[PDB]
Engineer: 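Consider the following structure, which includes rapamycin.
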Amino acid sequence: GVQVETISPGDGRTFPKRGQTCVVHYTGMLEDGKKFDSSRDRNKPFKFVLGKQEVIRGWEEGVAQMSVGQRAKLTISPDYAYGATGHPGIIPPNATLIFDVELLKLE
Ligand SMILES: CO[C@H]1C[C@@H]2CC[C@@H](C)[C@@](O)(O2)C(=O)C(=O)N2CCCC[C@H]2C(=O)O[C@H]([C@H](C)C[C@@H]2CC[C@@H](O)[C@H](OC)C2)CC(=O)[C@H](C)/C=C(\C)[C@@H](O)[C@@H](OC)C(=O)[C@H](C)C[C@H](C)/C=C/C=C/C=C/1C
């Protein structure tokens, strides 16, 4: 599944609803592995609509329990991420992923 561990607390009040646009900064890495992406390096926040299956399952269920301002470590098992196929050319089969995610605001 996805384990959410808090790095910095959010407001504890404003949680995303399905259909809202979530605005975040993230860094992704393979568990005990290489870092493969970071929006911080580009300083362009990443945006996605919650509930529409635009992103992997671990983000759908992990960010839905975060409040605005929260920063958290999400550890996501292969079946909540790219599973047995991986993501062509970047993520191998059966990879556990770790993301540092900061929920900046909702739109
Ligand atoms: C250049 O950087 C990429 C992001 C890269 C891709 C490679 C991976 C290692 C990675 O580095 O991100 C990464 O760190 C990662 O694993 N991410 C991105 C952050 C959210 C979590 C995860 C993910 O789910 O990626 C996603 C993953 C790779 C594929 C999806 C996983 C879930 C599944 O349900 C989807 O099928 C529908 C496919 C990529 C995304 O977050 C982007 C936003 C979404 C898509 C491309 C699809 O949902 C697409 O459907 C056709 C859409 O409906 C979109 C909105 C349509 C518009 C025009 C296209 C936007 C494209 C922007 C893409 C961006 C910024």
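Following the PDB entry, chain A residues are numbered 1-107, in order. Counting convention: from 1, in listed order, for ligands and their atoms alike. Note: hydrogens, waters and symmetry copies are ignored here, and every other heavy atom, side chains too, is used.
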Engineer: List the chief contact partner of rapamycin in this entry, with the name from UniProt.
Structural biologist: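 The chain with most contacts is Peptidyl-prolyl cis-trans isomerase FKBP1A.
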Engineer: Which residues lie close to rapamycin, i.e. with a heavy atom under 4.0 Å?
Structural biologist: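 By heavy-atom distance, those would be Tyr26, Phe36, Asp37, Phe46, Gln53, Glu54, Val55, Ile56, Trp59, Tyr82, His87, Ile90, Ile91, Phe99.
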Engineer: Can you tell me which residue and heavy atom of the protein come closest to atom 23 (C) of rapamycin, and the distance to 0.1 Å?
Structural biologist: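 Of the protein heavy atoms, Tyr82 OH, 3.3 Å lies nearest.
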Engineer: Closer than 4.0 Å and a protein heavy atom, does any atom meet both conditions relative to atom 35 (C) of rapamycin?
Structural biologist: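 Yes, because at least one protein heavy atom sits under 4.0 Å from atom 35 (C) of rapamycin.
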Engineer: Atom 9 (C) of rapamycin: which protein heavy atom is closest, and how many Å away?
Structural biologist: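 Closest protein heavy atom to atom 9 (C) of rapamycin: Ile91 CD1, 3.8 Å.
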Engineer: Nearest protein heavy atom to atom 37 (C) of rapamycin, by residue and atom, and its distance?
Structural biologist: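 I find the closest protein heavy atom is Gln53 O, 3.6 Å.
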Engineer: Return the residue, atom name and 0.1 Å-rounded distance of the protein heavy atom closest to atom 47 (C) of rapamycin.
Structural biologist: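 Heavy-atom neighbour on the protein nearest atom 47 (C) of rapamycin: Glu54 O, 3.8 Å.
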Engineer: For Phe36, take its heavy atoms, then give the atoms of rapamycin lying under 4.0 Å from any of them.
Structural biologist: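 So the answer, numbered in order with elements, is 13 (C), 14 (O).
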Engineer: Counting non-hydrogen protein atoms only, what is the nearest one to atom 65 (C) of rapamycin? Give residue, atom name and distance.
Structural biologist: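 Looking only at protein heavy atoms, the one closest to atom 65 (C) of rapamycin is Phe46 CE1, 4.0 Å.
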Engineer: As an exercise, identify every atom of rapamycin less than 4.0 angstrom from a heavy atom of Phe99.
Structural biologist: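 Near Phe99, meaning under 4.0 Å from one of its heavy atoms, rapamycin has 14 (O), 16 (O).
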Engineer: Checking a contact table here: which protein heavy atom is nearest atom 4 (C) of rapamycin, and how many Å away?
Structural biologist: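 The protein heavy atom lying closest is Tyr26 OH, 4.4 Å.
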Engineer: Look up the UniProt domain of chain A with the most contacting residues for rapamycin.
Structural biologist: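 Per UniProt, it's PPIase FKBP-type.
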Engineer: Considering only non-hydrogen protein atoms, determine which one is nearest to atom 10 (C) of rapamycin and report residue, atom name and distance to 0.1 Å.
Structural biologist: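 Closest protein heavy atom to atom 10 (C) of rapamycin: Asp37 OD2, 3.5 Å.
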Engineer: Heavy-atom distance from atom 56 (C) of rapamycin to the protein below 4.0 Å?
Structural biologist: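 No, because not a single protein heavy atom sits under 4.0 Å from atom 56 (C) of rapamycin.
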Engineer: For atom 6 (C) of rapamycin, what is the nearest protein heavy atom, given as residue, atom name and distance?
Structural biologist: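 Result for atom 6 (C) of rapamycin: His87 NE2, 4.7 Å.
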Engineer: Can you check whether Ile56 has an N/O within less than 3.5 Å of an N/O in rapamycin?
Structural biologist: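 N/O-N/O distance below 3.5 Å exists for this pair.
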Engineer: Write out each pair where an N or O from rapamycin and one from the protein are under 3.5 Å apart, with the distance.
Structural biologist:
{"unit_1": "rapamycin", "atom_1": "11 (O)", "unit_2": "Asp37", "atom_2": "OD2", "d": "2.7"}
{"unit_1": "rapamycin", "atom_1": "12 (O)", "unit_2": "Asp37", "atom_2": "OD2", "d": "3.4"}
{"unit_1": "rapamycin", "atom_1": "14 (O)", "unit_2": "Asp37", "atom_2": "OD2", "d": "3.4"}
{"unit_1": "rapamycin", "atom_1": "16 (O)", "unit_2": "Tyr82", "atom_2": "OH", "d": "2.8"}
{"unit_1": "rapamycin", "atom_1": "24 (O)", "unit_2": "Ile56", "atom_2": "N", "d": "2.9"}
{"unit_1": "rapamycin", "atom_1": "25 (O)", "unit_2": "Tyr82", "atom_2": "OH", "d": "3.4"}
{"unit_1": "rapamycin", "atom_1": "34 (O)", "unit_2": "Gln53", "atom_2": "O", "d": "2.7"}
{"unit_1": "rapamycin", "atom_1": "48 (O)", "unit_2": "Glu54", "atom_2": "O", "d": "2.8"}

